[PDB]
Protein chains: 2
Amino acid sequence: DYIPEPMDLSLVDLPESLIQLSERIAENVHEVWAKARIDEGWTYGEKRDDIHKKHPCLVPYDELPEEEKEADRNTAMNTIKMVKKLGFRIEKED
Amino acid sequence: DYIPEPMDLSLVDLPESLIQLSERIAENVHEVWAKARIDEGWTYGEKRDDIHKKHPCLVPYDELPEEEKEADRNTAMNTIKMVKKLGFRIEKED
Ligand SMILES: Cn1c(=O)c2c(ncn2C)n(C)c1=O
Ligand SMILES: Cn1c(=O)c2c(ncn2C)n(C)c1=O
Ligand SMILES: Cn1c(=O)c2c(ncn2C)n(C)c1=O
(Lines of atoms letter the chains of each structure in order from A and count residues from 1; the text may use other names and numbers.)
(Lines give C-alpha, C1' and ligand atoms only; values in the text may rest on other atoms or scores of the structure.)
(Ligands and ions follow the chains in the order given, each with its own letter.)
Protein backbone atom coordinates (compact mmCIF):
# COMPACT_ATOMS: atom_id res chain seq x y z
CA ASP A 1 0.00 0.00 0.00
CA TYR A 2 1.63 3.17 -1.36
CA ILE A 3 1.17 6.54 0.37
CA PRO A 4 3.24 9.38 -1.10
CA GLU A 5 4.61 11.86 1.44
CA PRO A 6 5.92 14.68 -0.76
CA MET A 7 7.43 17.82 0.64
CA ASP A 8 4.76 20.55 0.69
CA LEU A 9 5.15 23.11 -2.11
CA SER A 10 1.85 25.01 -1.78
CA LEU A 11 3.48 27.99 -0.02
CA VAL A 12 6.45 28.34 -2.40
CA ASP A 13 6.01 31.48 -4.51
CA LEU A 14 7.58 31.84 -7.91
CA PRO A 15 7.78 34.95 -10.10
CA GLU A 16 4.56 35.34 -12.13
CA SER A 17 6.86 36.01 -15.08
CA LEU A 18 8.20 32.47 -14.58
CA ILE A 19 4.75 30.82 -14.33
CA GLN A 20 3.85 32.63 -17.57
CA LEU A 21 6.56 30.65 -19.37
CA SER A 22 5.61 27.22 -18.01
CA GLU A 23 4.22 26.14 -21.41
CA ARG A 24 7.48 26.95 -23.19
CA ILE A 25 9.46 25.11 -20.49
CA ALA A 26 7.28 21.99 -20.63
CA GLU A 27 7.42 21.86 -24.44
CA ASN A 28 11.22 22.02 -24.47
CA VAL A 29 11.50 19.56 -21.57
CA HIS A 30 9.30 17.28 -23.67
CA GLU A 31 11.37 17.92 -26.82
CA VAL A 32 14.72 17.26 -25.12
CA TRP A 33 13.29 14.00 -23.76
CA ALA A 34 11.96 12.98 -27.18
CA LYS A 35 15.22 13.69 -29.00
CA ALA A 36 17.14 11.50 -26.55
CA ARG A 37 14.73 8.57 -26.94
CA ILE A 38 14.62 8.86 -30.73
CA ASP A 39 18.42 9.18 -30.91
CA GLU A 40 18.50 5.75 -29.15
CA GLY A 41 15.99 4.05 -31.47
CA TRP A 42 12.60 4.66 -29.85
CA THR A 43 9.55 5.13 -32.08
CA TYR A 44 5.89 5.99 -31.74
CA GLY A 45 3.67 3.28 -30.26
CA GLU A 46 0.22 2.95 -28.77
CA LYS A 47 1.57 2.07 -25.33
CA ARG A 48 4.87 2.28 -23.47
CA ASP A 49 6.95 -0.77 -24.48
CA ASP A 50 10.54 -0.69 -23.15
CA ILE A 51 11.55 -4.02 -24.63
CA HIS A 52 10.68 -2.86 -28.18
CA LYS A 53 11.41 0.87 -27.56
CA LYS A 54 7.97 2.31 -28.30
CA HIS A 55 6.26 5.20 -26.56
CA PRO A 56 2.97 7.07 -27.22
CA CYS A 57 4.39 10.44 -26.06
CA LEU A 58 6.77 10.54 -29.05
CA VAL A 59 4.74 13.12 -30.98
CA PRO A 60 5.15 16.93 -31.11
CA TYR A 61 4.37 18.53 -27.77
CA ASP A 62 1.59 20.63 -29.30
CA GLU A 63 -0.34 17.48 -30.27
CA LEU A 64 -0.55 16.15 -26.71
CA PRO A 65 -3.96 16.24 -25.02
CA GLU A 66 -4.43 19.35 -22.93
CA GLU A 67 -4.72 17.32 -19.70
CA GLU A 68 -1.20 16.03 -20.38
CA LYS A 69 0.26 19.48 -21.13
CA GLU A 70 -1.38 20.53 -17.85
CA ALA A 71 0.39 17.70 -16.02
CA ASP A 72 3.64 18.67 -17.77
CA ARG A 73 3.43 22.38 -16.86
CA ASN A 74 2.67 21.45 -13.22
CA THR A 75 5.71 19.19 -13.06
CA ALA A 76 7.88 21.94 -14.51
CA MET A 77 6.74 24.46 -11.81
CA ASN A 78 6.93 21.82 -9.05
CA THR A 79 10.56 21.25 -10.08
CA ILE A 80 11.46 24.93 -9.72
CA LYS A 81 9.47 25.20 -6.49
CA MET A 82 11.57 22.36 -5.07
CA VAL A 83 14.70 24.27 -6.14
CA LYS A 84 13.55 27.36 -4.24
CA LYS A 85 12.60 25.18 -1.27
CA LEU A 86 16.12 23.68 -1.19
CA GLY A 87 17.37 27.24 -0.64
CA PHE A 88 18.03 28.83 -4.05
CA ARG A 89 17.02 32.31 -5.23
CA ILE A 90 14.99 32.50 -8.45
CA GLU A 91 14.91 36.03 -9.90
CA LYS A 92 14.20 37.45 -13.35
CA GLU A 93 17.29 39.09 -14.84
CA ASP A 94 17.29 42.86 -15.32
CA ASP B 1 7.77 11.61 -39.26
CA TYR B 2 8.39 13.39 -35.93
CA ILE B 3 11.76 15.10 -35.56
CA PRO B 4 12.10 16.89 -32.23
CA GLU B 5 14.02 20.16 -32.38
CA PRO B 6 14.57 21.29 -28.79
CA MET B 7 16.49 24.36 -27.74
CA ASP B 8 20.13 23.58 -26.97
CA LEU B 9 20.86 23.62 -23.26
CA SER B 10 24.33 22.07 -23.49
CA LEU B 11 26.12 25.33 -22.60
CA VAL B 12 23.81 26.29 -19.69
CA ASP B 13 25.83 25.98 -16.50
CA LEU B 14 24.14 25.24 -13.19
CA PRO B 15 25.65 25.47 -9.70
CA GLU B 16 27.10 22.10 -8.69
CA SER B 17 25.38 22.43 -5.31
CA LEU B 18 22.09 22.26 -7.25
CA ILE B 19 23.21 19.36 -9.48
CA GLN B 20 24.16 17.54 -6.27
CA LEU B 21 20.47 17.67 -5.28
CA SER B 22 19.16 16.06 -8.47
CA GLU B 23 17.90 12.88 -6.83
CA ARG B 24 16.07 14.77 -4.08
CA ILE B 25 14.37 17.06 -6.61
CA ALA B 26 13.44 14.14 -8.89
CA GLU B 27 12.13 12.12 -5.91
CA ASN B 28 9.87 14.87 -4.68
CA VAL B 29 8.76 15.80 -8.22
CA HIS B 30 7.73 12.16 -8.56
CA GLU B 31 6.09 12.18 -5.09
CA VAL B 32 3.99 15.30 -5.76
CA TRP B 33 2.77 13.71 -8.99
CA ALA B 34 1.87 10.46 -7.20
CA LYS B 35 -0.03 12.26 -4.44
CA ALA B 36 -2.01 14.33 -6.94
CA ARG B 37 -2.85 11.21 -8.91
CA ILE B 38 -3.85 9.04 -5.93
CA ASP B 39 -6.08 11.78 -4.51
CA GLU B 40 -7.97 11.63 -7.83
CA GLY B 41 -8.57 7.87 -7.64
CA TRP B 42 -5.55 6.68 -9.63
CA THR B 43 -4.04 3.42 -8.40
CA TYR B 44 -1.22 1.17 -9.55
CA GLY B 45 -1.61 -0.78 -12.79
CA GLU B 46 0.80 -2.60 -15.07
CA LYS B 47 0.24 -0.09 -17.90
CA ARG B 48 -1.17 3.36 -18.09
CA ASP B 49 -4.93 3.54 -18.39
CA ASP B 50 -6.46 7.03 -18.33
CA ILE B 51 -10.06 5.75 -18.45
CA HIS B 52 -9.61 3.42 -15.42
CA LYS B 53 -6.83 5.58 -13.82
CA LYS B 54 -4.12 3.06 -13.45
CA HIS B 55 -0.47 3.88 -13.74
CA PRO B 56 2.70 1.73 -13.38
CA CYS B 57 4.78 4.61 -11.93
CA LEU B 58 2.53 4.76 -8.83
CA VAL B 59 5.16 3.12 -6.62
CA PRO B 60 7.74 4.68 -4.26
CA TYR B 61 10.44 6.64 -6.06
CA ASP B 62 13.23 4.57 -4.40
CA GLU B 63 11.75 1.41 -5.95
CA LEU B 64 11.95 2.73 -9.55
CA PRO B 65 14.53 1.25 -11.95
CA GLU B 66 17.83 3.06 -12.08
CA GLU B 67 17.31 3.88 -15.73
CA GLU B 68 14.09 5.76 -14.95
CA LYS B 69 15.67 7.54 -11.97
CA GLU B 70 18.34 8.74 -14.37
CA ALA B 71 15.74 10.09 -16.82
CA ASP B 72 14.02 11.80 -13.88
CA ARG B 73 17.20 13.54 -12.70
CA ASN B 74 18.04 14.65 -16.25
CA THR B 75 14.62 16.22 -16.77
CA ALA B 76 14.67 18.04 -13.43
CA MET B 77 18.05 19.47 -14.54
CA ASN B 78 16.76 20.18 -18.07
CA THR B 79 13.82 22.08 -16.54
CA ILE B 80 16.18 24.27 -14.50
CA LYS B 81 18.55 24.92 -17.40
CA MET B 82 15.56 26.01 -19.49
CA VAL B 83 14.64 28.40 -16.64
CA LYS B 84 18.16 29.86 -16.73
CA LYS B 85 18.15 30.23 -20.51
CA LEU B 86 14.84 32.13 -20.39
CA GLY B 87 16.73 34.75 -18.35
CA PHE B 88 16.27 33.85 -14.70
CA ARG B 89 19.10 33.76 -12.13
CA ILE B 90 19.44 30.63 -9.95
CA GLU B 91 21.73 31.17 -6.97
CA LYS B 92 22.21 29.66 -3.52
CA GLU B 93 20.63 31.84 -0.90
CA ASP B 94 22.61 34.82 0.31
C1 LIG C 1 7.20 10.96 -21.63
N2 LIG C 1 8.24 11.39 -20.72
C3 LIG C 1 8.78 10.47 -19.84
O4 LIG C 1 8.44 9.30 -19.80
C5 LIG C 1 9.81 10.98 -18.95
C6 LIG C 1 10.21 12.34 -19.01
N7 LIG C 1 11.15 12.49 -18.09
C8 LIG C 1 11.31 11.30 -17.51
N9 LIG C 1 10.51 10.39 -18.03
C10 LIG C 1 10.42 8.98 -17.64
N11 LIG C 1 9.67 13.18 -19.85
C12 LIG C 1 10.10 14.57 -19.88
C13 LIG C 1 8.68 12.72 -20.71
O14 LIG C 1 8.18 13.50 -21.48
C1 LIG D 1 4.90 9.34 -14.03
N2 LIG D 1 4.85 10.81 -14.22
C3 LIG D 1 4.06 11.35 -15.24
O4 LIG D 1 3.38 10.58 -16.00
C5 LIG D 1 4.06 12.81 -15.40
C6 LIG D 1 4.83 13.63 -14.49
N7 LIG D 1 4.67 14.91 -14.86
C8 LIG D 1 3.79 14.92 -15.97
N9 LIG D 1 3.43 13.60 -16.28
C10 LIG D 1 2.49 13.18 -17.38
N11 LIG D 1 5.58 13.10 -13.52
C12 LIG D 1 6.40 13.91 -12.60
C13 LIG D 1 5.60 11.68 -13.40
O14 LIG D 1 6.28 11.18 -12.48
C1 LIG E 1 9.47 12.63 -14.45
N2 LIG E 1 8.53 12.86 -15.58
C3 LIG E 1 7.85 11.70 -16.02
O4 LIG E 1 8.09 10.57 -15.45
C5 LIG E 1 6.94 11.94 -17.14
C6 LIG E 1 6.71 13.27 -17.72
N7 LIG E 1 5.80 13.23 -18.73
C8 LIG E 1 5.46 11.86 -18.75
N9 LIG E 1 6.14 11.11 -17.78
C10 LIG E 1 6.05 9.65 -17.46
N11 LIG E 1 7.38 14.30 -17.25
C12 LIG E 1 7.11 15.61 -17.89
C13 LIG E 1 8.26 14.12 -16.19
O14 LIG E 1 8.85 15.14 -15.81
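Chain lettering follows the listing: the opening sequence line is A, and each later line takes the next letter. Residue numbering for chain A follows the PDB entry; the residues present correspond to positions 7-100, in that order. Residue numbering for chain B follows the PDB entry, covering 7-100 in order. First listed ligand is number 1; within each ligand, the first listed atom is number 1. Quick note: numbers below take in every heavy atom, side chains included, and nothing from hydrogens, waters or symmetry partners.
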Ligand 1: drug
caffeine
Greatest-contact chain for caffeine (ligand 1), named in the PDB entry:
Putative ryanodine receptor
4.0 Å heavy-atom contacts of caffeine (ligand 1) by chain:
A, B
Within 4.0 Å of caffeine (ligand 1), heavy atoms only, which residues of other chains turn up?
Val35(A), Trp39(A), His61(A), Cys63(A), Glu74(B), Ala77(B), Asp78(B), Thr81(B)
With nothing but distance in play, are any N or O atoms of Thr81(B) less than 3.5 Å from an N or O of caffeine (ligand 1)?
yes
Need the caffeine (ligand 1) atom indices (1-based, order shown) with element for anything under 4.0 Å from a heavy-atom of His61(A).
1 (C), 4 (O)
Got the closest protein heavy atom to atom 2 (N) of caffeine (ligand 1), with its distance?
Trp39(A) CE2, 3.3 Å
As an exercise, identify every atom of caffeine (ligand 1) less than 4.0 angstrom from a heavy atom of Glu74(B).
10 (C)
Around atom 8 (C) of caffeine (ligand 1), find the nearest protein heavy atom and jot down its residue, atom name and distance.
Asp78(B) OD1, 3.5 Å
Can you list every pair where an N/O of caffeine (ligand 1) is under 3.5 Å from an N/O on the protein?
from                : atom 1 : to       : atom 2 : distance (Å)
caffeine (ligand 1) : 7 (N)  : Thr81(B) : OG1    : 3.2

